[PDB]
Visitor: 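Below is one structure. I have some questions about it.
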Amino acid sequence: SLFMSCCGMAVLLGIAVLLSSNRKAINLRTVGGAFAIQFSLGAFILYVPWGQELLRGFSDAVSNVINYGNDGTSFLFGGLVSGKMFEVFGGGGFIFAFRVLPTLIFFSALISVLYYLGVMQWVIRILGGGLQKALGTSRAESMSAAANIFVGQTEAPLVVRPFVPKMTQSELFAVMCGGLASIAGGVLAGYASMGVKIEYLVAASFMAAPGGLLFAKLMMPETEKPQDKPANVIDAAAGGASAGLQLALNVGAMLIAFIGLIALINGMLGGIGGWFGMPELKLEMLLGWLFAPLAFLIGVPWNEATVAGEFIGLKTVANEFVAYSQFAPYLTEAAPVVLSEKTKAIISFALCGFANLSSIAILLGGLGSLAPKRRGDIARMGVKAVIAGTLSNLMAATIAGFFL
Amino acid sequence: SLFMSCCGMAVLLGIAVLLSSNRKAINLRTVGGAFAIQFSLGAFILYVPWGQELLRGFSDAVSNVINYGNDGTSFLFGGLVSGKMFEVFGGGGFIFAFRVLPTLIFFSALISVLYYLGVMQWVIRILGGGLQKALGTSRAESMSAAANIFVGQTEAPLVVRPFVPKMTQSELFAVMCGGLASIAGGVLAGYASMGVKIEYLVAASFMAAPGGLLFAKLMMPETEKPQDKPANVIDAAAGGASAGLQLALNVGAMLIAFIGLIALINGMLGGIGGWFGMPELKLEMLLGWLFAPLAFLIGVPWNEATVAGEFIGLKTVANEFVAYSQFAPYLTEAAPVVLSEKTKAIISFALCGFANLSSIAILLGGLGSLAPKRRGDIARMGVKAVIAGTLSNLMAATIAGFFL
Amino acid sequence: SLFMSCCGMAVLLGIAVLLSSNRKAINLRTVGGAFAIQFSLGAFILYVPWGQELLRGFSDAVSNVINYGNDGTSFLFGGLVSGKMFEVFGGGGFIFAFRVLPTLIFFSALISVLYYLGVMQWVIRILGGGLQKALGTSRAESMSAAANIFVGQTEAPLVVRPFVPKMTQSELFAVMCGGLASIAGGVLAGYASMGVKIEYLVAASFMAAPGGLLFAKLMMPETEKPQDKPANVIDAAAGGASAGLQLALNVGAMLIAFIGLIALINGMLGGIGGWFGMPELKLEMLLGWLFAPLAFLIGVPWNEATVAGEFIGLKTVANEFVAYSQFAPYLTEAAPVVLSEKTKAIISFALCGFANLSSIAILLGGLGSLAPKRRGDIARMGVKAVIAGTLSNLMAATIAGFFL
Ligand SMILES: CCCCCCCCCCO[C@@H]1O[C@H](CO)[C@@H](O[C@H]2O[C@H](CO)[C@@H](O)[C@H](O)[C@H]2O)[C@H](O)[C@H]1O
Ligand SMILES: CCCCCCCCCCO[C@@H]1O[C@H](CO)[C@@H](O[C@H]2O[C@H](CO)[C@@H](O)[C@H](O)[C@H]2O)[C@H](O)[C@H]1O
Ligand SMILES: CCCCCCCCCCO[C@@H]1O[C@H](CO)[C@@H](O[C@H]2O[C@H](CO)[C@@H](O)[C@H](O)[C@H]2O)[C@H](O)[C@H]1O
Ligand SMILES: NC(=O)c1ncn([C@@H]2O[C@H](CO)[C@@H](O)[C@H]2O)n1
Ligand SMILES: NC(=O)c1ncn([C@@H]2O[C@H](CO)[C@@H](O)[C@H]2O)n1
Ligand SMILES: NC(=O)c1ncn([C@@H]2O[C@H](CO)[C@@H](O)[C@H]2O)n1
Ligand code: NA
Ligand code: NA
Ligand code: NA
């Protein structure tokens with residue numbers, strides 16, 4: 001029952017200790033409180049009545065913003081995003097290119113506006129300051145952890161960019177982990193528009209900040225000594241839309257290619273598998289069979305561990321967007337396999353992160369531009385940082401499955 | 001009657017004098033003839049029979065070019081831009097993304113071709129030379145004023161780019177105003193494809209050249225002494241299409257975000273307004289209530305000044321494309337408020353310009369690349385140049401409403 | 001009969017000799033074997049039974065990859081690329097923007113993956129090595145010729161980029177010709193998705209390598225002495241998709257503008273032609289009337305030479321994509337003119353190449369970045385290289401028409 005989840009949390013923490021750069025340098029106050037906060041945050045908003053109300057209230061607010069933003073895409077694509085599409089094409093009336101991708105553009109503009117007004121910096125300063133006074137983590141890495149709750153792995157460190165070039169290896173590693181353990185507000189609204197429960201997305205986003213610091217300081221403890229704009233609001237929104245546009249185009253092209261490549265791989269795996277008596281062999285079978293123990297470890301029932309492994313594995317070997325795209329049909333009435341409500345939550349939390357190998361190249365470019373003489377350190381800690389981000393997503397999923 | 005319009009022209013001229021850098025340095029020949037030309041041009045093509053025929057002939061030619069260009073977008077999007085769309089989705093069959101945006105790509109290619117052939121430079125040389133010999137304005141600033149009739153605020157100064165780095169503050173300011181007082185051929189065809197009368201777009205475009213110089217020399221008189229390519233036609237069209245593509249994407253992303261943001265703002269203004277007994281409070285109400293006196297000043301009837309204020313205000317606080325998008329439904333039979341034919345003309349002329357705050361950032365980049373050591377002067381005169389461009393659009397609207 | 005084709009091959013070879021930089025420097029072994037290989041390759045896969053089976057087997061494999069890739073675009077655009085589109089919009093249900101353009105993105109990703117795995121370099125090394133040992137051509141120019149079978153004129157020389165800055169004028173010219181005589185894998189799949197027979201596309205692609213070297217060494221014989229990466233497979237696919245996206249957007253914008261411009265030109269040619277009693281005058285008539293002798297020379301029947309001239313001429317004065325777009329309707333049952341199966345093949349082969357004037361500007365940029373001090377030589381040999389690429393496409397078409 002609940003004993004299997006507590007063992008899951010132990011195993012995840014155990015792997016991080018085994019992969020630590022210095023186990024004897026691990027600060028118990030830091031990693032103790034970091035786990036305590038992520039666990040309590042999960043308890044607060046998933047179990048305790050008052051916390052569940054604050055979570056649904058924030059989620060409904062996010063759901064209202066998305067609909068407001070949908071007026072913009074409704075103007076551009078007219079009846080191609082109306083209800084008539086379902087009357088004509090049925091299930092195929094939901095055009096992803098026009099339904100989900102424009103949301104990335106709107107939310108990028110909105111966040112850019114909330115930065116200009118000082119609203120974002122105000123919230124980050126409070127959350128980031130609460131983390132450092134309770135974990136003993138440095139000023140810059142704590143703000144980046146808080147910033148990552150709302151924005152991407154490359155946009156988050158911008159709040160502390162003059163401190164990035166001279167921050168310690170442990171600090172840089174935590175900044176990398178904070179980004180890999182989290183997503184961004186734009187894609188969050190995208191996944192929400194695909195049927196993923198907003199309550200799970202917001203919850204996983206907030207639990208990412210302490211969870212990112214947790215496995216960052218476990219696998220890479222501090223062994224050194226740390227230290228310590230658009231002309232108007234309309235230009236801010238315009239720049240945000242432009243950034244969101246570029247992101248929308250890149251994500252869309254990636255989904256065409258990656259899903260397309262998977263179909264090719266399944267075609268080849270059908271012929272190759274046939275040589276060994278398994279003509280029905282596909283990529284989903286391999287990933288499911290290989291990630292089932294991991295899925296079972298974090299609280300997924302034995303008879304649903306294989307299916308849950310397909311989604312978790314796909315997120316790791318590719319990215320979470322491709323995973324969410326294959327998992328989204330399982331959140332409707334036309335789902336090929338009816339999953340338990342707890343299993344749906346676990347998959348949602350475990351997927352909610354940028355933790356993949358391809359995000360290292362993005363970290364080399366974005367975070368590397370902020371500190372060109374540190375690109376060597378970024379490339380070196382890349383794989384370890386992905387693992388740390390992965391463990392954070394898995395821990396948040398285990399915690400979520402526990403209180404559910 | 002016609003006395004209210006003449007007072008409107010006086011007020012607009014009065015504001016420019018009050019905001020002048022040196023009222024005693026204002027050349028009466030310059031600003032006298034500049035107003036005389038813009039007024040006579042309005043009289044010529046809106047009142048006098050022969051002029052009305054030349055205007056409708058040019059407009060029909062423009063209307064034919066758009067339809068020719070529509071073969072290109074018809075090929076790409078097929079039945080999504082056919083008549084069947086109206087039979088299925090009704091009013092929502094008109095897909096803006098495919099109906100209006102591709103036109104920016106085609107017209108950008110066409111203008112780029114007309115530049116290679118020397119046709120554009122031929123027309124600009126004649127118009128620009130007629131302005132300088134009648135106003136005493138310098139060679140470079142006069143050609144830029146003429147060029148702005150057809151192309152954008154960043155593309156226009158390219159005809160005099162080696163003279164830009166060393167031109168006077170008054171010259172640079174006029175170049176900025178010429179761009180803010182006008183639009184570009186590409187978006188012109190876009191607005192025309194949205195239902196805006198081509199006769200009003202072409203008229204406002206041509207009246208922009210003397211109107212731009214008018215308020216430029218009023219608010220910033222000359223106090224110094226002025227001075228004085230693609231391999232083939234197929235490469236020209238290709239480069240133009242590429243430029244138009246980038247423009248199409250940026251405009252589209254902006255419309256998704258801005259309209260989306262407005263819907264969010266109206267949602268918040270509904271809740272905020274409710275605290276003061278006004279739950280129906282929206283952005284359109286604020287802009288209408290605040291710009292109604294201005295609209296009434298330029299010839300809009302008292303019972304239509306509020307609605308006309310919504311569109312004019314929106315163009316100022318954002319951009320003219322967003323304004324035109326909200327005004328376009330009022331040009332159909334399904335209009336929520338039936339406006340007089342004169343009011344429709346006034347709104348069309350007053351909107352027809354790039355005069356907004358966000359265009360300053362664009363002027364810093366485009367016009368700034370032509371003279372990197374002058375970006376300081378551009379940022380300094382930015383706001384004054386927007387005001388001057390705004391007054392030009394308002395003057396052209398007052399003149400248009402007078403002869404109508 | 002077959003005597004007219006052999007004369008066609010003679011004429012094409014004759015023109016190249018007349019335009020040679022040094023006829024006395026022409027290596028007979030080189031150009032003899034180069035023609036012998038291109039002719040035998042045509043004989044092998046178009047006439048001989050075993051070769052026809054290898055060609056249809058490779059083509060069916062390519063056809064399967066396209067369908068696999070179509071899962072990606074099906075996900076993005078849903079019912080807009082389903083069969084329901086034909087039930088509602090009829091013929092206009094086939095939306096080019098969603099049916100053809102996404103294929104460029106998928107195939108770019110795939111090729112980028114096959115490069116990372118070493119599969120591409122393996123095939124190129126074998127083909128390129130077979131060409132040099134039989135023609136005496138240098139190492140670098142032979143690999144580039146082989147690489148061009150699969151990728152574009154700018155991507156092909158990347159396999160020998162450190163040898164490009166110091167290769168001879170004859171070597172650089174051949175590298176240019178190898179790209180102009182061929183297309184790329186991405187657009188190949190596009191043309192295939194437009195109804196062009198894959199067997200003809202693959203055949204023309206492979207015959208491009210010896211055909212490119214043939215007319216390169218004919219028009220520019222060697223008179224000097226020659227000499228002699230993404231972190232993971234997922235980053236490779238992502239970079240390929242990004243590149244393919246940029247290509248998709250540029251091609252799409254070009255088709256909107258160029259087709260749009262043609263409609264404008266036909267409108268003007270109707271009015272201009274009317275002055276000389278020919279109001280029905282169009283661009284297709286001019287190109288057909290002017291390229292009919294050329295079409296008749298390469299094996300097109302007298303009563304089909306005019307129509308075939310329209311497509312061949314359009315490919316030359318613009319690009320092969322615009323030509324294929326106008327030729328594609330003639331490959332369906334709703335064709336305005338029913339052409340013989342041999343004529344359809346000849347048009348397909350003669351169009352299958354990047355040989356146009358606009359590709360010179362692309363060669364200046366892409367190939368020029370690999371050797372910035374050689375941009376002068378590229379601009380100088382530009383026109384000659386286009387002619388050489390044109391003659392290669394025409395030769396392959398003559399050979400194809402001969403064995404058919
Ligand atoms: C859509 C619905 C909501 C409506 C919102 C409309 C209100 C926006 C007002 C703009 O704010 C000002 O704009 C200036 C221009 O962008 C800025 O000046 C700055 O930039 C100018 C030009 O670059 C300079 O002249 C100034 O000195 C410099 O302070 C200035 O900082 C900024 O406060
Ligand atoms: C679609 C319907 C209408 C059909 C129109 C077709 C006609 C176009 C003809 C192209 O014109 C020439 O093209 C050359 C190549 O672009 C240019 O040469 C220039 O560029 C070459 C290569 O860059 C050099 O070799 C030359 O010396 C240099 O003068 C040259 O200036 C230009 O006049
Ligand atoms: C979608 C279905 C198919 C599933 C396929 C999944 C398998 C992919 C495995 C990735 O391969 C490795 O990834 C590393 C990271 O990209 C590379 O390390 C390189 O890059 C790292 C970070 O940049 C460094 O830490 C390493 O030392 C450096 O060798 C490494 O070369 C590469 O072999
Ligand atoms: N805003 C950002 O920084 C961002 N957004 C998306 N992605 C990348 O795109 C993938 C799919 O969302 C993720 O795994 C990230 O690596 N990065
Ligand atoms: N061609 C150009 O230079 C151009 N086109 C459009 N815009 C900008 O986009 C806004 C909407 O058209 C305008 O106010 C301009 O600031 N600039
Ligand atoms: N991959 C490439 O290098 C490429 N692809 C397309 N084109 C250019 O675009 C035109 C239409 O396909 C061709 O003639 C080329 O000049 N180049
Ligand atoms: Na983040
Ligand atoms: Na202009
Ligand atoms: Na090629």
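Chain letters run A, B, ... following the sequence lines, proteins first and then strands; every chain starts at 1. These numbers come from the heavy atoms of this one structure, side chains and all, not from hydrogens, waters or symmetry mates. Order of appearance sets the numbers: ligands from 1, and atoms from 1 within every ligand.
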Visitor: From the options MDMA, ribavirin, alendronate, fenobam, give the one found at ligand 6.
Guide: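 The correct choice is ribavirin.
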Visitor: So I'm looking at this entry - what's holding onto ribavirin (ligand 6) the most? Name it the way it appears in the PDB entry, please.
Guide: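 The chain with the most contacts is NupC family protein.
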Visitor: So, with a 4.0 Å heavy-atom cut-off, what else is touching ribavirin (ligand 6)? Just the chain letters, please.
Guide: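 By heavy atom, the other chains are C.
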Visitor: Which chain positions lie within 4.0 Å of ribavirin (ligand 6) by heavy-atom distance?
Guide: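 Heavy atoms under 4.0 Å: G152(C), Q153(C), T154(C), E155(C), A184(C), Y191(C), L247(C), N319(C), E320(C), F321(C), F354(C), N356(C), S359(C), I362(C).
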